[PDB]
A.B. asks: 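I'm sharing a structure that contains 10-1074.
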Amino acid sequence: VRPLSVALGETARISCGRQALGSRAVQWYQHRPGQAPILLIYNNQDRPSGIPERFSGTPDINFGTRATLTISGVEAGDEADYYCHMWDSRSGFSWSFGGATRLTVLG
Amino acid sequence: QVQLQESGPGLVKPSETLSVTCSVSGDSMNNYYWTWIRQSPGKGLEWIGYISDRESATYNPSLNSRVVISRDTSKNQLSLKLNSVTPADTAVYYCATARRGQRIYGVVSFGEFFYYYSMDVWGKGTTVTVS
Amino acid sequence: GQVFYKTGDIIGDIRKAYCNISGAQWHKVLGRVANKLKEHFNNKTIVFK
Ligand SMILES: *[C@@H]1O[C@H](CO)[C@@H](O[C@@H]2O[C@H](CO)[C@@H](O[C@@H]3O[C@H](CO[C@H]4O[C@H](CO[C@H]5O[C@H](CO)[C@@H](O)[C@H](O)[C@@H]5O[C@H]5O[C@H](CO)[C@@H](O)[C@H](O)[C@@H]5O)[C@@H](O)[C@H](O[C@H]5O[C@H](CO)[C@@H](O)[C@H](O)[C@@H]5O)[C@@H]4O)[C@@H](O)[C@H](O[C@H]4O[C@H](CO)[C@@H](O)[C@H](O)[C@@H]4O[C@H]4O[C@H](CO)[C@@H](O)[C@H](O)[C@@H]4O[C@H]4O[C@H](CO)[C@@H](O)[C@H](O)[C@@H]4O)[C@@H]3O)[C@H](O)[C@H]2NC(C)=O)[C@H](O)[C@H]1NC(C)=O
Ligand SMILES: *[C@@H]1O[C@H](CO)[C@@H](O[C@@H]2O[C@H](CO)[C@@H](O)[C@H](O)[C@H]2NC(C)=O)[C@H](O)[C@H]1NC(C)=O
Ligand SMILES: *[C@@H]1O[C@H](CO)[C@@H](O)[C@H](O)[C@H]1NC(C)=O
Ligand SMILES: *[C@@H]1O[C@H](CO)[C@@H](O)[C@H](O)[C@H]1NC(C)=O
């Protein structure tokens, strides 16, 4: 539980700390405090439904590259947490949801 | 569309059977699987049992493998039979969607594919606490 | 001066070795081989085990 991320609306691009091993099927998530959240991507490429194209994910070609998520134009949804749910072959059934990125902001 | 509505008793005495249900409206039979999530005690997302379409059991080892959960689809409910409750698992339960995807990176006939899941729509949840 | 090379951990995904055979061409060649063996073997039914 390490305080982390970015604040005050200057944007950046975050990547979870898990090393790319085997084959990665990552699903980014938009946390929603108190109610239902929404997944950002599945299959690392295919957009679920009506999502703006600033939420793209890195391709899994030429294995060795990191999983990076690009963001800009943030709402309170982006101000909420990001999670890196990685699906890998050799790790087996990955139970852990991934590291939590809590955006702490003070004007 | 998928509509969620949690129905939990809220207050239950320790070491007794539990029954918590959620609702999904206008949905098919085997289109997608069913799961449950818990953000309770204000922590990272924690996984709880996800039953299949055929009433199976393969659940998170990280609780005790303790809670027997929903299968029934009489009209619309998902009933959670939790026995021998403890204050350590006082939580609000969210009724979410479970679906299974498949990714292949080699020879399919060699048994090399793995199974990955995706959770699209989550529930609202009703606060349930032990006395 | 004795340097011994050993297999380390397989980085990336793990895969098993295989060989690919063109099914149609292989079956045609095997059929021709069986046909040419039949004359040498009194036109008996050639079976491969
Ligand atoms: C000896 O003979 C053997 C024969 O037995 C032979 O075995 C073969 O070995 C090779 C490897 O050596 C295997 O190749 C792999 O094949 C995988 C499967 O390829 C097919 O499927 C994918 C996925 O498509 C599904 O999803 C898309 C998007 O959602 C849908 O549009 C599809 O319809 C499909 O969805 C169906 O299936 C779902 C699951 O069941 C269902 O839920 C769904 O409802 C649908 O029914 C396709 O993308 C593939 O298309 C490609 O190939 C065709 C034909 O050439 C092209 O026309 C097309 O343009 C594409 O190029 C194909 O249809 C591949 O997934 C796998 O490749 C992945 O990994 C490599 C790295 O290793 C990447 O470079 C590659 O890009 C793939 O990564 C993509 O997918 C992952 C996971 O999904 C993503 O995380 C990642 O970001 C990436 O996505 C991006 O790239 C995609 C590529 O197009 C793109 O579509 C995406 O949109 C995105 O941009 C790998 O190539 C092969 O399977 C074996 N065959 C058999 C039968 O076993 C052996 O090689 C022979 N030996 C020798 C020496 O010759
Ligand atoms: C065989 O077993 C040894 C010992 O369990 C492995 O060596 C460990 O490797 C991990 C990372 O690969 C290190 O973090 C440990 O410190 C190592 N321990 C020791 C005692 O060396 C070795 O990796 C295993 N072989 C393979 C191929 O995984
Ligand atoms: C083997 O490779 C050659 C060329 O690389 C290709 O023409 C042939 O179809 C391959 N064999 C099989 C069985 O796919
Ligand atoms: C095998 O060859 C002989 C000589 O050509 C022929 O008479 C015979 O019919 C052949 N056998 C069969 C089963 O056709």
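In what follows, chains carry the letters A, B, and so on, assigned in the order in which the sequence lines appear, proteins first and then strands, with residues in each chain numbered from 1. Contacts here are counted within a displayed part of the entry, not across the full deposit. Atoms considered below: every heavy atom in the structure, side chains included; atoms not considered: hydrogens, waters and symmetry mates.
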A.B. asks: Which components of the model should be assigned to 10-1074?
C.D. replies: chains A and B
A.B. asks: Name the main binding partner of 10-1074 here according to the PDB entry.
C.D. replies: CRF01_AE T/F100 HIV-1 gp120
A.B. asks: Which residues of chain C touch 10-1074, heavy atom to heavy atom, at less than 4.5 Å?
C.D. replies: C:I10, C:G12, C:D13, C:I14, C:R15, C:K16, C:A17, C:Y18
A.B. asks: Which chain-and-number residues of 10-1074 belong to the paratope for chain C (heavy-atom distance under 4.5 Å)?
C.D. replies: A:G22, A:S23, A:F63, A:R90, B:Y105, B:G106, B:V107, B:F110, B:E112
A.B. asks: Which name has the entry assigned to chain A?
C.D. replies: Light chain of 10-1074
